[PDB]
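In what follows, residues are counted from 1 in the order of the sequence shown. Counting convention: from 1, in listed order, for ligands and their atoms alike. Heavy atoms only: backbone and side chains are in, while hydrogens, waters and symmetry mates are out. Determined by X-ray crystallography, 1.7 Å, according to the entry header.
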Amino acid sequence: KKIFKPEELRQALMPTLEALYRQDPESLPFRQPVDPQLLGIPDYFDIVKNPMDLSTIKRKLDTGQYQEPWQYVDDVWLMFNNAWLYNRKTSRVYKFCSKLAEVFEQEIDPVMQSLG
Ligand SMILES: CO[C@H]1CC[C@H](n2c([C@@H]3CCCC(=O)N3c3ccc(F)c(F)c3)nc3cc(-c4c(C)noc4C)ccc32)CC1
Ligand SMILES: Cc1cc(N2CCOCC2)cc2[nH]c(-c3c(NC[C@@H](O)c4cccc(Cl)c4)cc[nH]c3=O)nc12
């Protein structure tokens with residue numbers, strides 16, 4: 001397997017993470033972990049067993065917790081898939097999720113090609 005240095009993953013993938021953060025208001029529900037107590041949604045962790053958010057992805061990238069870049073891709077789609085699972089199709093959070101996913105799909109392709 002190709003060996004990836006944590007510093008190469010960080011420098012290569014951080015621009016793609018910024019592309020999600022800079023969407024405002026679209027990124028606002030995703031910047032911090034879902035807090036079901038605050039949001040009044042007691043069933044959240046009955047439905048979402050593996051939560052993920054931008055701050056967790058960013059910390060993992062900054063601290064070298066990804067061994068290979070598709071694990072970063074996995075966490076981003078887990079974030080989005082959790083939100084599409086939990087929220088109604090008509091809800092603002094669901095629509096903002098789809099907006100971020102389109103940005104991600106555009107940005108991630110050339111970066112992954114360059115890491116190969
Ligand atoms: C600490 O600052 C945060 C900002 C986002 C706030 N927020 C909000 C706020 C408060 C509640 C009412 C509302 O409409 N919100 C909101 C705020 C901004 C948005 F762009 C948006 F789509 C929704 N809704 C959130 C929903 C989710 C969510 C995700 C991701 N997946 O399932 C659920 C449920 C996550 C965060 C949400 C909560 C506090
Ligand atoms: C492109 C796309 C659009 C949407 N819709 C957007 C609008 O709202 C409705 C949903 C949902 C998606 N789910 C996934 C998805 C993954 N994709 C890999 C892809 O990024 C990828 C694949 C090969 C190379 C690269 Cl470089 C990148 C991987 C794991 N699990 C996933 O669920 N991709 C989706």
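In this structure the chain with most contacts to ligand 1 is the one UniProt names CREB-binding protein. The drug occupying ligand 1 is inobrodib.
Most residues contacting inobrodib (ligand 1) in chain A map to the UniProt domain Bromo. Listed by number with element, the atoms of inobrodib (ligand 1) under 4.0 angstrom from any heavy atom of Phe96 are 20 (F), 22 (F). With a 4.0 Å cut-off on non-hydrogen atoms, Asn87 touches inobrodib (ligand 1) through its side chain and not its backbone.
Nearest-heavy-atom check against atom 21 (C) of inobrodib (ligand 1) across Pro29, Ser91, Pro51 picks out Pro29. Using a 4.0 Å cut-off between heavy atoms, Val34 contacts inobrodib (ligand 1) through its side chain alone, with no backbone atom that close. Counting atoms of inobrodib (ligand 1) from 1 in the listed order, those under 4.0 Å from a heavy atom of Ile41 are 34 (C).
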